[PDB]
Amino acid sequence: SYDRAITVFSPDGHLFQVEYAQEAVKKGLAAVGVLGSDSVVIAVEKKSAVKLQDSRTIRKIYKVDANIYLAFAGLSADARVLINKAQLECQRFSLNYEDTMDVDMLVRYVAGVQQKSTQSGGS
Amino acid sequence: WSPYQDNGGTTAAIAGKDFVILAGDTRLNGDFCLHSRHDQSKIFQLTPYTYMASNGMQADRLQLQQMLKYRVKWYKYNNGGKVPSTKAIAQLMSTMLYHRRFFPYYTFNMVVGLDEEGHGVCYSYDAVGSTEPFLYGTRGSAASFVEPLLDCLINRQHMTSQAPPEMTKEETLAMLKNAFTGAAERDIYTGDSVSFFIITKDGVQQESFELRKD
Amino acid sequence: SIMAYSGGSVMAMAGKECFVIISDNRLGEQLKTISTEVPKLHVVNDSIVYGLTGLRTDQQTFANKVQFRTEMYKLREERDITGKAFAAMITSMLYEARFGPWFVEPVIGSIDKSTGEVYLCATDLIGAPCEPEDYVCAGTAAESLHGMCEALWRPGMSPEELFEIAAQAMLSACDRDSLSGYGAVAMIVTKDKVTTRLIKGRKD
Amino acid sequence: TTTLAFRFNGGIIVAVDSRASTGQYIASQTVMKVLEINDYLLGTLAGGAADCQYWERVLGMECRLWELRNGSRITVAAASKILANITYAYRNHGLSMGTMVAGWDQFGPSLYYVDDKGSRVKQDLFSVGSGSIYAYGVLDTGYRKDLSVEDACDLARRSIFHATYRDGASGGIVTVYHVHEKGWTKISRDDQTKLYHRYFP
Amino acid sequence: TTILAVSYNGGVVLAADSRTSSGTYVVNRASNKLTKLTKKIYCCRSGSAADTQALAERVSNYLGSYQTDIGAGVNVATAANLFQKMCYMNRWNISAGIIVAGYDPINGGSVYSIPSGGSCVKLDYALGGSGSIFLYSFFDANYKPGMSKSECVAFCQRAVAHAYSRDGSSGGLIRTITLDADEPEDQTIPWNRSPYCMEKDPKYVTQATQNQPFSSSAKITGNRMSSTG
Amino acid sequence: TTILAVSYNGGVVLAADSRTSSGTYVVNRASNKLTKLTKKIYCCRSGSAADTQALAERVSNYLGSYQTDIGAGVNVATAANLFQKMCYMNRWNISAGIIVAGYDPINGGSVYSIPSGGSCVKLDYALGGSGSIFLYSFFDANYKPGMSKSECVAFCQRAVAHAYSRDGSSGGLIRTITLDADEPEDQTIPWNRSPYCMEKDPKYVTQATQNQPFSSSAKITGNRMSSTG
Amino acid sequence: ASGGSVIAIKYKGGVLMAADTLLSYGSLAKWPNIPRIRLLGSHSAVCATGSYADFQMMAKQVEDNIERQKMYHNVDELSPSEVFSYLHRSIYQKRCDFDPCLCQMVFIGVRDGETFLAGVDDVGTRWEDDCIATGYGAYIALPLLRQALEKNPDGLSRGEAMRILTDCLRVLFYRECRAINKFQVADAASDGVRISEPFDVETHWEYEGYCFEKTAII
Amino acid sequence: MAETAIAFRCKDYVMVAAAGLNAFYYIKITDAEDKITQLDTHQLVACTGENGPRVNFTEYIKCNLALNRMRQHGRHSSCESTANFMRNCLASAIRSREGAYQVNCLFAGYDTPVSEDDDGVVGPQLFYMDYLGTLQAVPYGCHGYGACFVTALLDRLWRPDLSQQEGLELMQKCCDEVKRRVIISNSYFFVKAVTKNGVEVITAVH
Amino acid sequence: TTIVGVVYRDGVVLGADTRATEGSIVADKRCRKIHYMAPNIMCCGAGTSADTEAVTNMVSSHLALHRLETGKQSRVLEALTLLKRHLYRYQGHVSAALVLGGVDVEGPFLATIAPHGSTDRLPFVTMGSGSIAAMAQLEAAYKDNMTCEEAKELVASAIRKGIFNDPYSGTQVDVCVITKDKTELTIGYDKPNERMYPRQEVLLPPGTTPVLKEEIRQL
Ligand SMILES: Cc1nc(C)c(C(=O)Nc2ccc(F)c(-c3nc4ncc(-c5ncccc5C)cn4n3)c2)o1
Ligand SMILES: *[B]([O])([O])[C]([C][C]([C])[C])[N]C(=O)[C]([C]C1=[C][C]=[C][C]=[C]1)[N]C(=O)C1=[C]N=[C][C]=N1
Ligand SMILES: *[B]([O])([O])[C]([C][C]([C])[C])[N]C(=O)[C]([C]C1=[C][C]=[C][C]=[C]1)[N]C(=O)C1=[C]N=[C][C]=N1
Ligand SMILES: *[B]([O])([O])[C]([C][C]([C])[C])[N]C(=O)[C]([C]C1=[C][C]=[C][C]=[C]1)[N]C(=O)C1=[C]N=[C][C]=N1
Ligand SMILES: *[B]([O])([O])[C]([C][C]([C])[C])[N]C(=O)[C]([C]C1=[C][C]=[C][C]=[C]1)[N]C(=O)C1=[C]N=[C][C]=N1
């Protein structure tokens with residue numbers, strides 16, 4: 001199939017397709033999360049009060065696990081595909097290990113998918 | 001046509017304090033005939049300190065001796081010339097017998113070598129790789145003759161008497177000749193001549209011995 | 001198999017003017033111990049002692065027909081049965097039932113009271129006569145006993161030192177057999193006396 | 001092979017034999033029936049000798065790789081689920097292994113049992129092997145939850161012994177472990193023939 | 001099926017019967033077991049009627065694709081190594097006894113017998129089929145090598161006729177063809193003009209005296225052909 | 001085993017090989033398959049060596065007890081109904097092909113072939129054994145009825161020699177005997193004076209060119225007999 | 001098509017190997033005029049007991065291996081100990097593919113003094129001796145070959161090793177069913193392998209206990 | 001084998017117990033069927049097996065002991081003479097037309113001196129048997145699926161000097177183990193005992 | 001088993017081995033396989049020790065019982081007829097291969113009996129498992145009218161082809177010469193396998209095995 005190398009190195013040791021992917025996030029909606037003693041809050045931008053959006057309220061922060069939730073920033077079509085990989089990984093974990101997945105485990109999987117798309121042909 | 005065939009013979013080893021004596025008779029035989037009397041393909045050298053001594057089927061013996069031969073060479077190339085120990089080879093043996101579990105070898109194996117401390121330890125295997133470190137071991141057709149004999153004179157059990165001192169290389173060798181002269185009398189698939197290997201830290205010396213020709 | 005259903009090994013060695021015979025103490029049903037204090041030996045007179053192995057139903061039925069025939073031999077002929085006549089008698093019993101065969105393997109040891117010659121005999125289940133001059137052995141651990149007896153025997157043994165070889169041969173072979181063990185009962189016998197010894201063994 | 005382990009107020013005690021027989025011939029008498037997986041888990045072996053020593057070495061590799069990646073210890077509920085998914089995947093491949101895992105995770109103890117067919121059960125009291133049926137009746141008579149550490153070591157050493165005495169496939173050297181909160185310790189290691197002249201002098 | 005191929009000085013003479021029979025019933029009594037590979041190389045064909053037909057037209061397409069790319073004539077040893085390659089790598093799945101005989105300008109007349117085992121043997125004459133076991137002692141006595149073309153035709157027609165007289169599997173017509181430097185000449189003689197048959201063999205005319213009349217003596221006087229006498 | 005019996009004007013000529021073979025090994029290479037029943041009636045003997053020996057000496061004791069009570073000579077048809085009675089009521093337990101041939105003053109020379117099925121057929125010539133299937137096409141071509149005694153002996157010796165040349169079961173000596181109004185004359189010719197063998201057959205002298213030299217052409221030039229050339 | 005028994009022996013200076021020129025099919029002896037002794041390269045020769053189609057494809061493979069290694073590169077020809085080793089690893093590969101080379105083989109070879117004599121089975125067994133026999137010559141002819149190597153440990157000459165093969169081929173004609181009296185003998189020496197013209201042995205059938213009246217069952 | 005028989009002998013009594021379950025491949029027909037047949041006034045046998053051969057073997061044994069008391073003027077034979085008569089019927093049936101009896105049984109009895117000249121056995125008798133014809137005098141014998149649970153229980157707790165009540169609470173432990181581990185529902189166990197005064201049907205342990 | 005026989009100038013010579021194995025292990029090393037039938041008839045035997053001994057003793061007592069009636073020397077053809085009718089009426093279930101040799105008023109009689117009941121009267125016969133290896137020695141060195149010494153050495157050199165090549169045979173050569181007048185039976189004629197490396201003889205002192213009870217019964 002098509003597997004030409006896209007993410008290559010610059011003559012200054014930079015990855016152009018990664019530095020240009022970060023610019024697509026810097027135009028995305030701002031999302032802020034802080035860490036407390038007994039609670040975690042995360043707040044997103046929720047583009048506008050369009051008045052044409054559905055009266056059924058549409059959540060931006062997506063549910064990934066029973067206790068682990070996710071908020072993103074960037075292309076909203078790429079993030080949906082990324083979360084359905086992570087929502088598929090939680091059901092791989094509690095089918096092979098009988099345990100609730102830790103927070104640090106799910107982030108090492110999603111960061112493993114982000115890095116895997118930076119070292120593939122055609123991707 | 002059946003792809004399995006027992007080729008007789010027996011191998012026995014007794015390990016001492018800084019040595020192992022390793023023996024195996026030279027006799028190849030088939031369906032009802034006698035193929036040869038001088039097969040040296042029963043005990044194989046892997047490293048200068050560790051041998052393998054297998055018997056059963058002669059065809060799958062030579063294949064297992066070569067796949068053991070090159071996994072030692074990939075060990076020696078990838079570790080900067082470091083020769084593998086007996087414990088490393090005998091766990092390599094125990095895994096490869098299980099990787100072919102559903103079309104297995106008709107071999108019965110013994111990995112025989114010295115420790116990192118210098119003491120000799122023999123291992124034994126079933127057809128699928130059940131390992132155990134032990135001080136002796138006897139495989140082959142005459143195993144049920146010799147393995148109870150080595151229980152009675154090495155362990156020193158059921159005898160209300162004080163323990164003898166440690167066995168030398170010579171008193172172990174003269175003991176092990178009494179088993180192969182005992183297996184040549186009562187086992188029809190065993191015995192033309194038995195070859196003794198004496199594995200010491202200053203190289204290996206090699207002897208031969210004559211059994212009954214019938 | 002039917003032959004190794006009950007367990008138990010009986011052997012005998014020949015000495016200078018004596019012989020030994022020794023059985024184990026186990027009765028079983030293929031893995032489980034039924035009894036731990038059951039010998040396999042039988043004594044018919046002061047010269048002949050024989051031991052049965054194989055299926056325990058046949059070990060008791062055949063030994064009733066032997067005692068039916070040995071005591072009828074003593075009523076007809078006014079004399080004790082001899083070793084060559086007893087061994088050739090129950091050789092014929094295992095051959096009459098050749099197609100419905102008994103599952104015993106009798107190990108006969110005997111001696112002449114006046115001459116002093118030992119006579120060993122171990123038939124098969126179909127009655128194959130075989131008299132070695134050195135030793136005989138049958139049972140489930142029989143393949144382990146041909147290694148122990150042949151590497152330790154010599155023709156000129158005293159009765160006290162022949163017992164020490166037969167006892168170390170039975171126990172070292174029963175430590176490798178999972179259908180025989182639990183001690184051993186031996187019987188050394190000369191021209192002058194019969195001595196019956198019970199031997200320590202592993203209770204495994 | 002006779003192998004039992006039970007759960008009580010104070011931890012888990014594992015007790016085994018040391019005998020491996022190929023039908024009516026005894027192959028060995030010093031077989032380590034307990035493969036320690038790491039310094040807080042245990043695993044026993046029953047059935048096929050190579051099928052157990054392979055996949056509990058595979059299980060000891062997946063537990064070590066857990067600690068490397070996630071930085072913490074593996075639980076026992078995750079350790080058996082590794083062994084049960086391996087076992088259920090090869091249920092038609094003729095494997096013969098029956099293994100108990102025992103350990104102290106952060107939720108106390110747990111004592112499981114895995115078949116060669118993919119089962120996994122959670123109790124406080126097992127006895128596995130061919131001579132297990134002898135080890136139940138002497139153990140179910142004298143078991144209670146609040147035993148002491150010394151009496152439960154005595155009940156385990158005595159319940160293995162009455163199975164080795166009766167079964168032809170069990171025997172040798174009775175090995176007793178104790179799984180407390182800091183790990184496991186080898187309590188005793190003694191011959192079955194020496195143990196007969198203690199219990200019936 | 002009785003097939004054979006015999007060499008003379010010029011070329012070869014192929015000979016075969018004509019009968020495919022499903023066990024005990026004659027499905028076809030005018031079969032053609034002489035299969036054309038190229039113009040001067042044929043093969044005899046015994047065994048399974050489907051397994052040997054699929055081999056014969058798979059070899060004949062490799063062999064004609066070879067002849068076009070070469071631009072010359074095909075040797076007989078070339079065609080006999082395409083049956084040996086296929087009858088050996090299918091030897092557990094097919095039932096195929098093939099006799100390959102032909103003519104090439106280099107080696108003259110060649111005969112290759114390829115049995116069911118898949119071996120290849122170059123011969124002077126070959127035999128094949130279930131009816132061939134009658135013809136070994138017939139060729140040991142009555143066959144002399146070095147016959148002409150007209151003598152090998154009348155011999156191989158007389159050879160097949162002794163084979164299907166005793167064999168139940170074989171019968172029907174006798175199809176022969178000669179392959180040499182001339183054009184291939186074929187000939188099919190029927191059953192009623194066959195050179196041998198046991199029904200007109202004058203030593204099988206007298207019936208075996210089985211059905212004796214009820215008589216007073218042990219003197220055997222022939223069968224009983226009437227109810228009165 | 002190849003056995004046969006051929007009738008001429010005076011009496012009969014019995015002919016047989018000499019080899020009992022346990023499957024693939026020659027247990028005996030000097031067997032005698034020509035069994036005496038009475039002075040002028042013999043039987044050929046194929047199949048099981050024990051099952052046919054027990055029949056042949058059970059018939060021969062009924063047949064000599066009959067001859068004493070009668071006080072005359074035994075007919076051949078009498079001896080052939082004692083084999084048919086025994087080979088039929090034991091046909092599932094024995095393996096017995098018997099050819100009974102003899103001489104009596106009433107009927108002259110008689111030949112009875114009793115196969116493994118247990119039937120009885122009176123013939124002019126009979127064939128039997130595993131090597132007999134080679135001799136049907138040999139007797140269809142080379143046999144003419146009405147030969148003399150000296151011609152039937154040299155024919156039946158030439159007949160058996162073609163049979164055990166191809167058959168692996170048969171071989172060894174050739175034992176023949178003639179049964180007519182004179183004394184029974186027996187003759188045993190060896191292998192090295194046999195009238196036929198394939199090793200001295202001059203058309204099997206040239207080896208089949210299998211082991212070709214490694215060459216530049218397709219011209220077949222015979223086997224390779226040396227490492228240099 | 002199937003071959004019969006093959007016998008071989010070493011002498012002082014080379015190796016001899018004999019085999020009948022017969023190719024039977026069950027009991028039927030189809031062709032008494034085919035050669036079974038194939039010679040390999042310039043120093044060695046092999047012959048088989050068993051299926052002929054398996055031998056004809058195997059020896060075609062190992063003859064192509066000797067020449068193409070020698071033709072393409074500037075290397076020496078393979079020794080007999082190295083082409084027998086390729087012959088052994090090719091038969092063992094076929095039984096692991098569940099399609100073996102169903103025949104015993106006898107291999108001879110002499111390369112400048114070093115004589116080589118070994119056999120190989122369909123399974124993969126290989127052995128080296130001073131006397132190899134396969135088929136029913138391993139039962140019949142091989143006991144006669146073994147006593148004549150131990151009645152003189154210095155070695156057999158060519159003249160006395162040819163007497164005992166003829167003594168062994170004579171008993172193979174007596175006691176094997178699927179055999180004829182037409183034998184070829186290969187002779188591998190320092191000059192190379194040389195196959196002889198087919199001969200026969202002198203058989204004795206004239207014992208006085210073989211007569212018609214003694215062996216009769218009346 | 002689905003139903004267990006448990007018997008142990010002591011200094012002056014022999015306990016027996018046999019579960020009264022009768023089934024049809026999974027369906028409980030009964031729960032109280034007596035499977036301990038009273039042969040003599042001091043002898044009984046606890047046969048296990050299916051109900052076909054079990055009645056027909058015990059009725060042949062019981063009617064022949066009674067016949068041997070008719071023809072011998074009411075003289076009760078010993079327990080070894082009854083046990084050796086039993087295994088003669090097992091051993092002669094495995095080599096017959098009709099086939100082997102599929103009964104596993106435990107013979108129990110008490111030997112009393114029948115006259116002043118009798119100097120035989122005084123103590124209790126307990127014999128293990130089999131369907132083939134094995135006979136073994138044993139301190140305690142067990143059959144069924146739950147036999148191996150309770151034979152190693154009696155390895156732990158049986159003593160030769162147990163009293164009538166101490167062996168009664170031992171048999172209660174023997175019955176509660178079979179209810180605990182065996183999948184086969186054995187709920188009623190029919191405990192009987194043989195003493196110097198004859199047989200007695202113990203009501204307490206069930 | 002490697003039983004053989006050879007007809008020489010005046011009489012026959014019978015040969016046998018001594019090894020008897022029960023299932024791949026050597027039961028007896030000095031078994032006797034040349035049996036007694038008559039003062040002029042001996043009989044080698046192969047197969048099962050039960051079936052060989054019990055077909056031989058029944059016929060040899062029947063030949064003795066038939067000798068008191070006739071008062072004459074027993075034929076070897078009547079020894080053969082009693083053997084072949086027994087082995088036929090059990091249809092090969094009595095697994096005994098026999099070699100029968102004897103001398104009568106009609107000369108030496110050597111013949112073999114198969115376990116199915118067939119008989120073959122030959123100058124030299126071999127039976128048993130090593131019969132194939134022993135026949136090849138006889139086919140290479142037999143000739144008519146050999147002396148007593150050349151036939152006794154041909155027989156003994158044919159047993160050793162079954163000793164050193166057949167695993168079911170060995171340890172000795174038994175040779176029995178049958179003449180018209182006498183009969184000579186040697187057992188230790190050829191012992192090619194001696195005892196190499198005699199036994200170390202591990203000494204155990206009397207009393208080192210632990211004994212729990214002992215009971216001595218004087219006679
Ligand atoms: C929770 C639980 N409750 C029970 C009662 C069990 C249990 O028994 N589980 C189990 C699972 C798999 C096995 F494979 C085994 C097992 N153990 C054995 N020991 C010895 C021999 C043997 N040895 C020598 C010779 C012949 C044989 C047959 C065979 N096996 N098979 C046992 O689990
Ligand atoms: B115990 O008897 O189950 C024991 C446990 C094992 C961990 C040593 N197993 C064995 O002894 C098995 C018995 C067996 C069970 C099922 C199928 C086949 C065999 N024996 C072996 O696996 C064996 C074989 N050869 C050598 C050593 N062990
Ligand atoms: B000849 O009889 O062998 C013939 C050769 C064929 C290649 C033309 N074969 C058949 O007649 C076979 C049957 C057969 C007989 C004997 C040996 C092997 C095969 N005929 C068929 O295969 C057949 C049967 N029914 C329908 C179509 N074809
Ligand atoms: B002849 O080969 O058929 C021959 C005829 C016999 C009556 C003298 N039969 C045998 O050779 C038989 C084997 C056989 C071959 C072919 C078909 C049927 C039978 N020989 C034996 O029965 C035999 C074998 N071993 C020992 C003794 N006898
Ligand atoms: B022959 O191998 O020396 C011998 C024949 C003789 C002892 C009657 N045969 C045996 O050794 C037989 C076994 C056998 C082997 C091969 C073919 C047929 C039979 N042995 C016994 O019958 C035997 C068994 N146990 C004790 C004594 N003899």
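Each chain gets a letter, A, B and so on, in the order its sequence line appears, and its residues count up from 1. Start at 1 and go down the list; that is how both ligands and their atoms are numbered. Readers should note that the entry appears only in part, and the reported contacts come from within that part.
The name the PDB entry gives to the main binding partner of ligand 5 in this structure is Proteasome subunit beta. The name given to the drug at ligand 5 is bortezomib (bound form). With heavy atoms closer than 4.0 Å, the chains neighbouring bortezomib (bound form, ligand 5) read I. The PDB record for this entry identifies chain C as Proteasome subunit beta. Within 4.0 Å of bortezomib (bound form, ligand 5), judged by non-hydrogen atoms, the site holds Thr1(I), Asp17(I), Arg19(I), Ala20(I), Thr21(I), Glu22(I), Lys33(I), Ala46(I), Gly47(I), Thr48(I), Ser49(I), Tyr168(I).
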